[PDB]
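Peramivir complexed to neuraminidase, as determined in this entry.
Letters A, B, ... mirror the listed sequences (proteins, then strands); counts begin at 1. Just follow the structure's listing: the first ligand is 1, and inside any ligand the first atom is 1.
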Protein chains: 4
Amino acid sequence: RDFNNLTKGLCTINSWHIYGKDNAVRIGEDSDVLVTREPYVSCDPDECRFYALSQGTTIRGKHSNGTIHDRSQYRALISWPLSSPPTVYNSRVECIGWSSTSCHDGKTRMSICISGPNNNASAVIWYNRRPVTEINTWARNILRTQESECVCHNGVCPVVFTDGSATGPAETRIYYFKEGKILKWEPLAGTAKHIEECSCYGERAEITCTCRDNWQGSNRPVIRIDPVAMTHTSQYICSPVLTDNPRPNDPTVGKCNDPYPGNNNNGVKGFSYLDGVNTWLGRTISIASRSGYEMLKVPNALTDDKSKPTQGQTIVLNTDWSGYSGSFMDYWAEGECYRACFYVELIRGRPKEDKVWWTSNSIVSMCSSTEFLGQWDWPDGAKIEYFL
Amino acid sequence: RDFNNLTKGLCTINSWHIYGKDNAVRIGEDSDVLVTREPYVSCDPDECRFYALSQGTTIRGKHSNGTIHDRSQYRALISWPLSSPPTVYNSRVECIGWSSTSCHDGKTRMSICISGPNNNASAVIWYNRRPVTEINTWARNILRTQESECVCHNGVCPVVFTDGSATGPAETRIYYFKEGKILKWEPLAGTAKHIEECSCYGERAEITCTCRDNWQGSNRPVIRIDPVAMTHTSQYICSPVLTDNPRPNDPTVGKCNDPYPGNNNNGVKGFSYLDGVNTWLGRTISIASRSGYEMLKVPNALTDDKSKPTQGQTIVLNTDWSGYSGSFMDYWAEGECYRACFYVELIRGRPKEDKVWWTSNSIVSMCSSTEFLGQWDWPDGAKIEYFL
Amino acid sequence: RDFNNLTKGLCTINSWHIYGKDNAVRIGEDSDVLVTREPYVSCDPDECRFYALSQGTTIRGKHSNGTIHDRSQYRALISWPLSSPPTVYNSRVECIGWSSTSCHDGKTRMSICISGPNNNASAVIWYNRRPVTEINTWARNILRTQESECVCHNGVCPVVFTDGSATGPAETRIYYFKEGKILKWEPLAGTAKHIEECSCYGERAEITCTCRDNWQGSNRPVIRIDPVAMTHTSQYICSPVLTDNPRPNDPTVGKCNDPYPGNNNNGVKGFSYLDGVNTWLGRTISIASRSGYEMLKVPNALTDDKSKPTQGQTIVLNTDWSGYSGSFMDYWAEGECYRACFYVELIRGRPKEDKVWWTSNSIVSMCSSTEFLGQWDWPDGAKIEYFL
Amino acid sequence: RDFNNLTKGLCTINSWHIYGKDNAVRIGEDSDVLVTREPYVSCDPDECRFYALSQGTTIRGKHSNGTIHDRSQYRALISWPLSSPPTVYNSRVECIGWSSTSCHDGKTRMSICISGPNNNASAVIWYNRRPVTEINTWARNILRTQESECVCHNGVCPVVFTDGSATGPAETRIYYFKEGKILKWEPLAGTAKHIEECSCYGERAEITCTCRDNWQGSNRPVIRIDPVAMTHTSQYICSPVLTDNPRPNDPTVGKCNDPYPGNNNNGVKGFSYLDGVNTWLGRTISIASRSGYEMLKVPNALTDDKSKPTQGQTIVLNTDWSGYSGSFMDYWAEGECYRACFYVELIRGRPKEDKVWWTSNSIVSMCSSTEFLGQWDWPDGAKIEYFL
Ligand SMILES: *[C@@H]1O[C@H](CO)[C@@H](O[C@@H]2O[C@H](CO)[C@@H](O[C@@H]3O[C@H](CO[C@H]4O[C@H](CO)[C@@H](O)[C@H](O)[C@@H]4O)[C@@H](O)[C@H](O[C@H]4O[C@H](CO)[C@@H](O)[C@H](O)[C@@H]4O[C@H]4O[C@H](CO)[C@@H](O)[C@H](O)[C@@H]4O[C@H]4O[C@H](CO)[C@@H](O)[C@H](O)[C@@H]4O)[C@@H]3O)[C@H](O)[C@H]2NC(C)=O)[C@H](O)[C@H]1NC(C)=O
Ligand SMILES: *[C@@H]1O[C@H](CO)[C@@H](O[C@@H]2O[C@H](CO)[C@@H](O[C@@H]3O[C@H](CO[C@H]4O[C@H](CO)[C@@H](O)[C@H](O)[C@@H]4O)[C@@H](O)[C@H](O[C@H]4O[C@H](CO)[C@@H](O)[C@H](O)[C@@H]4O[C@H]4O[C@H](CO)[C@@H](O)[C@H](O)[C@@H]4O[C@H]4O[C@H](CO)[C@@H](O)[C@H](O)[C@@H]4O)[C@@H]3O)[C@H](O)[C@H]2NC(C)=O)[C@H](O)[C@H]1NC(C)=O
Ligand SMILES: *[C@@H]1O[C@H](CO)[C@@H](O[C@@H]2O[C@H](CO)[C@@H](O[C@@H]3O[C@H](CO[C@H]4O[C@H](CO)[C@@H](O)[C@H](O)[C@@H]4O)[C@@H](O)[C@H](O[C@H]4O[C@H](CO)[C@@H](O)[C@H](O)[C@@H]4O[C@H]4O[C@H](CO)[C@@H](O)[C@H](O)[C@@H]4O[C@H]4O[C@H](CO)[C@@H](O)[C@H](O)[C@@H]4O)[C@@H]3O)[C@H](O)[C@H]2NC(C)=O)[C@H](O)[C@H]1NC(C)=O
Ligand SMILES: *[C@@H]1O[C@H](CO)[C@@H](O[C@@H]2O[C@H](CO)[C@@H](O[C@@H]3O[C@H](CO[C@H]4O[C@H](CO)[C@@H](O)[C@H](O)[C@@H]4O)[C@@H](O)[C@H](O[C@H]4O[C@H](CO)[C@@H](O)[C@H](O)[C@@H]4O[C@H]4O[C@H](CO)[C@@H](O)[C@H](O)[C@@H]4O[C@H]4O[C@H](CO)[C@@H](O)[C@H](O)[C@@H]4O)[C@@H]3O)[C@H](O)[C@H]2NC(C)=O)[C@H](O)[C@H]1NC(C)=O
Ligand SMILES: *[C@@H]1O[C@H](CO)[C@@H](O[C@@H]2O[C@H](CO)[C@@H](O)[C@H](O)[C@H]2NC(C)=O)[C@H](O)[C@H]1NC(C)=O
Ligand SMILES: *[C@@H]1O[C@H](CO)[C@@H](O[C@@H]2O[C@H](CO)[C@@H](O)[C@H](O)[C@H]2NC(C)=O)[C@H](O)[C@H]1NC(C)=O
Ligand SMILES: CCC(CC)[C@H](NC(C)=O)[C@@H]1[C@H](O)[C@@H](C(=O)O)C[C@H]1NC(=N)N
Ligand SMILES: CCC(CC)[C@H](NC(C)=O)[C@@H]1[C@H](O)[C@@H](C(=O)O)C[C@H]1NC(=N)N
Ligand SMILES: CCC(CC)[C@H](NC(C)=O)[C@@H]1[C@H](O)[C@@H](C(=O)O)C[C@H]1NC(=N)N
Ligand SMILES: CCC(CC)[C@H](NC(C)=O)[C@@H]1[C@H](O)[C@@H](C(=O)O)C[C@H]1NC(=N)N
Ligand SMILES: [Ca+2]
Ligand SMILES: [Ca+2]
Ligand SMILES: [Ca+2]
Ligand SMILES: [Ca+2]
Ligand SMILES: [Ca+2]
């Protein structure tokens with residue numbers, strides 16, 4: 001095998017079609033399904049799988065109580081076959097930790113898991129299913145990473161990490177790995193003022209990441225990385241179609257180089273595909289909570305500060321719970337272009353549904369179509385009342 | 001690998017022998033078996049598997065309530081090892097949707113799943129386990145397909161779809177796929193007046209499909225496809241041995257080019273092997289409900305409007321529930337001929353057994369023998385009372 | 001791969017060492033373990049597995065009630081990894097039926113399953129996991145076979161079947177298969193008067209089978225097959241150490257060419273290794289019931305009508321339940337000789353333990369050692385009281 | 001494949017990073033997890049797995065009652081995927097017995113299991129998943145072995161066994177196996193006075209084992225083996241940092257060639273990495289019970305009788321239960337040195353937690369880092385109260 005190179009551009013996105021859905025919470029009501037959160041999807045050259053951070057207990061197990069908590073010693077990055085649920089018996093552990101990222105470079109997979117107490121966390125970088133490199137916390141305040149797949153080009157796989165306050169200036173670093181080893185790292189540059197949980201994709205030798213400004217911005221920061229030069233830039237999506245959550249109502253003009261104000265110290269992982277007129281943004285429908293999900297076609301959203309939608313697609317109704325969302329692509333598919341894909345985490349349980357003592361999620365995932373396909377909505381589908 | 005070509009004829013069918021049986025409802029009474037319906041069987045060059053549309057819940061799970069419903073967002077095409085039951089832990093999801101078909105072309109497998117609301121459904125065509133092509137609804141009324149395997153010849157795999165009313169004229173199309181891409185499509189032609197759920201098989205470079213005329217006919221429509229010319233014809237099985245359900249009692253003369261009247265707006269997926277004197281038809285024993293199943297040897301059933309049985313075999317007693325049935329063959333077996341095979345869906349639960357709130361099924365499947373073998377009956381075997 | 005040839009002799013048996021044990025009934029008390037009976041062991045060139053006839057229900061399932069019954073439509077030959085229990089999720093179905101045999105010829109495996117009502121049963125012969133040949137009942141009275149592995153030599157795999165009364169003269173046939181096809185068959189010849197459930201092994205191009213004379217004999221019939229000439233002989237083990245069950249007490253002189261009288265119309269599957277002074281016989285310890293199990297070294301047991309034990313080994317104490325036993329060997333191991341192996345079925349439930357409504361078993365299996373190893377006893381280990 | 005040779009030295013150990021953790025007791029509260037004890041980790045050239053002695057029952061099963069017992073007929077050596085829990089459905093049985101060791105030589109794996117009553121136990125040596133050699137008890141008093149991986153060099157895999165009293169002089173033998181056959185064996189020599197459960201690792205063609213002197217010593221015996229000459233030496237870790245348990249408080253001077261007194265007839269399996277200044281010792285934090293676990297850097301611990309710690313790392317808090325610990329390395333990783341790894345058995349249930357009737361454990365495992373990483377503590381995490 002040779003290292004994969006990002007030689008293709010994105011396919012034209014005219015609509016989104018269903019790709020995978022695991023119905024984990026429904027199925028888990030009466031089967032040994034692990035409690036998870038922070039899911040994502042990632043492809044190898046011969047298979048695509050679902051990934052997530054387990055909580056080290058099943059949903060019906062008594063240890064599900066307290067799983068709203070983010071960072072215990074019982075978490076791990078797990079992967080499992082596309083559209084099956086994450087069960088005790090089919091889930092493969094990639095590494096131990098409570099924050100992760102993973103990607104295949106064309107030869108083998110790199111997986112990164114961070115563990116430890118808030119003031120002394122460390123990242124372990126695995127390559128070919130073996131630990132290769134370790135990185136200690138640099139700001140002693142919850143060293144953390146993407147929560148979705150990284151992207152590689154000619155063996156170089158850039159990864160974005162953050163260490164420091166989630167509600168003020170922090171120390172974000174872009175690491176450039178090759179075979180699990182560090183080639184280089186650099187501090188965040190550009191005009192993004194705070195970075196969290198970047199969702200990335202690659203096309204024509206450039207990696208684009210859409211992140212979460214948890215401090216002040218309701219517009220999303222964007223990091224663009226050149227994996228050959230091992231350099232990057234940062235800015236915000238200029239469009240007035242605001243895509244973080246919670247957020248204020250949409251204005252008529254957005255901000256390109258500063259956080260769009262109105263909501264502080266909160267946010268949600270999200271993503272976008274920024275490709276001129278072929279630009280689509282995801283967002284929750286609600287401006288106040290992680291409810292609903294929609295895709296909006298917003299031509300030149302990255303650079304046009306008055307850009308508005310020209311087409312859309314509802315993914316999850318506003319009467320259903322959503323959550324994190326992120327990008328991935330099958331870089332090893334046939335054809336001349338890369339088909340944009342995304343997943344949405346459908347969070348169930350606490351804190352929105354507090355009649356149960358757990359927090360878990362199911363996954364729904366779509367990929368783009370060049371047809372203009374009809375839309376449906378894709379809820380988690382479980383009845384909370386059954387778990388009481 | 002090379003594309004498979006339909007170079008052989010059917011073996012002489014002198015009786016049927018047991019091929020597979022999963023006892024899913026019995027086993028599922030105390031194990032994590034998924035609720036399914038619309039099952040089928042399909043072979044790859046190195047393995048044969050059971051397929052079905054999951055309902056995204058186990059049978060003992062509380063989400064089994066309401067699984068008589070046909071088209072939710074929680075359904076998916078799943079496959080699992082021959083004769084094992086469809087469990088949470090052994091079921092592989094092929095695609096998401098509530099109507100499907102799947103077939104191997106000798107190189108890799110094509111799987112098709114349709115999802116969406118009644119007025120805006122779409123088909124996603126997967127090839128080599130990746131989405132390749134998408135087709136939007138053309139009549140905005142439950143775009144739908146076979147519910148059993150398709151058949152390929154030199155890489156061309158024809159598939160029959162229907163969109164429109166189930167109880168009047170509809171728009172049926174025959175699509176010719178190759179590597180998941182559309183080579184051509186054509187509207188139904190011939191004298192069949194309504195087509196649903198075709199069950200197909202191939203021999204000597206011709207594909208024969210036996211379908212369900214849900215509108216007016218109790219005789220079954222037959223579509224014969226030339227996968228090289230990419231053309232087809234349609235008619236009805238001429239025989240007076242009527243094989244849909246419900247249906248009127250058998251007459252002495254059938255109809256070749258029009259629906260045999262007596263029952264409207266209802267039916268059941270079924271199949272036949274139409275090979276001159278080597279012709280065998282399946283049907284429910286009851287004329288009123290999906291109960292029992294038998295195979296009848298009816299020489300020249302396709303073209304002789306007075307043809308009657310010359311031999312038979314009971315598969316399921318009339319005191320046991322049956323359901324959908326369809327054809328498949330192992331195109332990669334050894335020998336000089338293709339051995340005809342079929343499955344019968346054994347439906348349990350609603351609406352016939354309404355003491356339970358679910359609907360599921362188990363599978364029984366047979367293949368032909370050149371011997372004249374003794375017969376047995378093969379019920380689902382589960383006791384409904386145990387689920388109360 | 002080439003067909004395996006029986007070129008080696010048996011290793012010297014000086015004691016028996018533990019080979020596998022699944023603890024199925026213990027584990028199945030709280031996990032999804034299938035109810036089985038009539039187990040055996042069989043090796044492929046790269047793996048050895050446990051086999052048995054499932055009853056199509058778990059042990060804790062409500063459908064376990066009534067599993068003392070021998071021949072339902074819900075049975076199947078299943079195989080699973082050595083020493084794991086037969087679970088819903090790890091059990092591979094080989095074929096459907098209530099009587100079986102299976103063996104690997106060095107290239108691929110042949111598996112045979114018989115199904116049907118008592119007066120109309122049929123055998124389906126599978127080869128390379130596909131049905132190849134079918135055989136109809138010839139005496140219309142429970143067509144049946146070995147219940148343990150067959151043995152192959154240069155692709156020829158002889159199999160012993162019986163059809164007819166279990167308590168009087170019956171029609172026993174020896175079939176010679178090659179690639180699942182019938183080369184030849186012949187009626188039983190020699191002085192054995194009734195044959196059931198032969199347990200076979202091969203060495204130096206000769207296959208030896210030890211069977212169950214269910215009609216009159218408490219000594220076991222022996223069939224010796226030449227798989228090149230496709231011919232056989234039959235007689236009884238001459239020794240006065242009687243090895244069927246139930247049986248009368250041991251006399252001082254046995255019978256070579258007639259059934260040793262005392263007990264009629266009953267028996268148990270068993271085995272022996274008949275190799276001059278390297279001869280070892282298995283048997284239940286009790287003369288009245290399937291309780292205990294021991295191995296006895298009885299030099300020249302086949303031909304010496306006064307031969308008595310010169311060494312022994314207890315396998316299962318007389319205060320523990322045993323059941324069927326049979327021979328198998330790993331024909332693909334390293335070294336210059338074939339190591340004799342056997343299994344013992346540890347039956348639990350009915351009819352001996354009727355506080356439960358089911359009948360199942362676990363497996364224990366040993367192979368010979370050239371050392372004189374210490375002995376232990378190997379009970380099933382489950383507590384019936386826990387299942388109440 | 002070629003036999004692996006121990007050509008590299010140990011990497012510099014500056015801290016320990018998380019490697020694997022299965023959370024088995026937490027997960028097993030509501031899933032079919034086997035009861036185990038005496039776990040370890042061992043790598044093949046393409047995968048690393050967890051190993052343990054099953055008790056042949058799940059933790060929630062009624063047969064979990066009485067699993068404090070060490071040596072039943074229902075135990076077996078099982079292996080399962082790294083960091084998954086040992087479940088009924090994912091656990092592979094390697095051999096049957098109640099004492100084991102296992103290692104890969106670069107070509108295939110050797111696994112050894114001992115079974116039998118106290119006065120008549122025997123070892124069966126498996127190679128390439130087949131039984132090859134058997135060894136009978138030589139002192140008729142619980143023949144027993146390492147309970148952690150063995151190490152191979154150019155196909156020679158030395159294994160340490162003990163037979164005889166656990167509380168006085170016993171007969172310890174070092175066996176040198178190659179392809180499962182005995183090349184040679186020799187009685188223990190040197191100044192170690194009693195040996196149990198050696199934990200071994202290899203580097204630069206030398207194998208170092210740290211053992212448990214159950215009779216008189218609270219310092220640990222050390223056996224150093226030359227696998228080419230097939231010779232060994234023995235002594236004790238000289239350091240005053242005592243690492244068995246229970247043990248007296250640390251003195252200022254230890255003993256090099258005799259047991260450090262204070263505690264008799266008790267101990268716990270443990271390990272060390274003895275590499276000059278790159279020396280790290282593991283031990284329980286408590287001197288009285290199997291509680292807590294810490295790693296201490298003790299330069300020249302093997303040869304310096306006043307050596308004290310210069311650095312440390314807490315693995316398990318003293319308020320959490322620990323248990324056995326042992327060494328393993330991935331001998332097939334990339335790079336120029338071997339990365340030291342270890343596991344800690346986290347024992348739950350009896351005898352410390354007697355509100356439950358079972359005894360089981362979970363596993364935590366770490367490997368060394370050349371960074372100075374922050375530390376966390378890694379408890380089992382299960383709540384005993386949930387099992388009541
Ligand atoms: C069969 O399926 C097909 C295919 O899916 C169906 O056709 C689809 O129908 C969709 C629904 O109508 C449609 O999606 C909409 O597209 C609009 C763009 O098109 C229109 O404008 C362009 C540009 O002028 C024209 O060319 C075009 O012809 C249309 O006129 C979007 O504008 C739509 O999104 C907005 O509305 C929805 C509510 O429906 C909001 O959720 C969404 O966020 C957008 O509105 C908010 O945002 C904008 C931008 O800032 C504001 O201006 C606006 O006030 C809203 O703001 C409030 O709400 C947000 C969200 O809560 C909040 O943050 C903010 O603060 C404010 O409170 C929508 O995306 C598909 O494009 C169309 N597809 C095709 C190919 O046709 C067909 O209907 C189906 N058939 C049947 C029978 O069902
Ligand atoms: C051991 O096993 C062997 C092998 O299986 C057993 O032998 C099998 O025995 C079967 C049962 O007898 C037999 O199957 C029958 O075959 C008949 C054909 O053979 C006869 O006719 C030919 C032609 O003349 C002769 O050559 C031949 O020798 C025989 O005489 C079929 O006609 C049979 O089917 C009809 O009967 C069954 C009821 O038994 C119906 O369910 C079935 O649908 C058929 O009847 C309906 O349909 C016809 C056609 O329209 C009507 O004319 C008729 O009135 C019936 O219609 C009513 O019912 C239907 C269904 O509900 C409804 O739709 C309609 O409106 C009406 O209400 C049957 O198939 C096997 O061929 C035979 N095999 C061999 C190789 O011998 C042996 O018995 C076993 N041994 C033991 C001891 O058990
Ligand atoms: C550590 O482990 C080692 C290795 O396992 C242990 O050593 C083993 O010890 C075993 C038990 O003593 C021993 O097995 C016995 O071997 C006898 C043969 O050896 C003796 O005879 C020869 C020939 O003369 C001598 O060379 C030799 O030195 C000995 O003297 C067998 O004869 C034994 O079997 C008979 O006894 C058992 C009861 O113990 C019966 O269950 C068994 O069926 C045999 O007896 C019945 O059958 C014979 C034959 O017809 C009759 O003559 C007799 O009356 C019995 O019949 C009744 O019972 C049967 C069964 O219910 C019934 O059908 C019938 O109708 C009647 O009612 C036995 O096999 C191993 O050989 C020996 N191994 C070695 C290598 O030494 C050591 O003890 C262990 N250490 C500790 C400390 O435990
Ligand atoms: C972020 O993470 C980093 C990295 O992990 C954290 O930094 C680590 O901090 C650890 C805790 O302080 C530290 O570990 C200690 O290291 C000591 C060695 O360093 C000191 O001495 C050297 C040599 O002079 C200096 O160079 C160095 O600068 C330091 O001064 C060890 O000595 C420590 O172990 C002893 O203490 C612990 C209690 O903390 C005991 O459990 C342990 O067993 C040791 O003490 C017993 O044993 C000795 C030896 O016999 C006795 O002398 C002593 O009295 C104790 O004996 C009693 O207890 C034992 C055990 O119960 C019993 O058997 C006996 O009988 C007696 O009852 C300890 O290992 C790491 O090295 C350090 N790492 C780095 C790289 O810095 C940082 O803190 C984290 N940050 C935050 C904010 O949390
Ligand atoms: C991605 O591009 C790199 C860089 O050009 C390709 O790398 C070359 O691969 C060939 C084939 O193995 C080698 O002969 C060269 O030595 C490689 N290195 C360089 C720098 O040229 C790589 O093959 C490309 N990937 C694919 C899938 O084509
Ligand atoms: C078992 O013996 C048969 C018969 O001698 C061997 O068969 C020959 O195999 C070789 C190798 O494939 C062929 O060239 C011959 O044509 C085969 N047939 C005969 C009749 O000679 C077979 O190889 C032996 N099996 C093994 C494992 O050696
Ligand atoms: C404290 C910093 C937060 C990110 C901005 C926090 N990240 C981590 C590693 O803890 C996330 C946030 O608290 C949770 C959420 O917003 O859903 C998930 C939670 N993420 C994870 N548990 N992996
Ligand atoms: C409305 C059109 C019907 C076919 C003629 C209908 N098909 C679909 C896709 O919904 C089927 C029919 O209602 C059910 C049955 O007859 O058993 C199954 C049902 N089929 C599926 N759920 N896949
Ligand atoms: C009626 C003839 C019997 C053999 C001599 C009978 N065989 C079959 C195929 O039914 C066996 C016997 O009744 C049972 C037993 O003795 O344990 C098992 C039972 N065997 C099986 N259920 N496979
Ligand atoms: C009697 C000798 C003991 C070792 C010094 C004893 N070993 C065996 C094979 O029984 C161990 C000891 O009793 C137990 C413990 O200390 O945890 C485990 C127990 N080990 C095992 N059950 N495998
Ligand atoms: Ca924000
Ligand atoms: Ca109809
Ligand atoms: Ca359960
Ligand atoms: Ca008898
Ligand atoms: Ca000690």
Place of peramivir in the structure, all copies: ligands 7, 8, 9 and 10
Other chains near peramivir (ligand 10), heavy atoms under 4.0 Å: D
UniProt substrate binding residues in chain D within less than 4.0 Å of peramivir (ligand 10), heavy atoms: D/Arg37, D/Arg71, D/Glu196, D/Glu197, D/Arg212, D/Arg290
Atom 6 (C) of peramivir (ligand 10): any protein heavy atom closer than 4.0 Å: no
Geometric N/O contact D/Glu147 with peramivir (ligand 10), under 3.5 angstrom: yes
Sub-3.5 Å N/O-N/O distance, D/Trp98 and peramivir (ligand 10): yes
Test of proximity, D/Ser99 against peramivir (ligand 10): N or O pairs below 3.5 Å: no
Organism for chain D, per entry: Influenza A virus
Proximity flag D/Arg290 to peramivir (ligand 10), non-hydrogen atoms under 4.0 Å: yes
Site residues for peramivir (ligand 10), heavy atoms under 4.0 Å: D/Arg37, D/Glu38, D/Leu53, D/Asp70, D/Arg71, D/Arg75, D/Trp98, D/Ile142, D/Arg144, D/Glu147, D/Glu196, D/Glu197, D/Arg212, D/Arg290, D/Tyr324
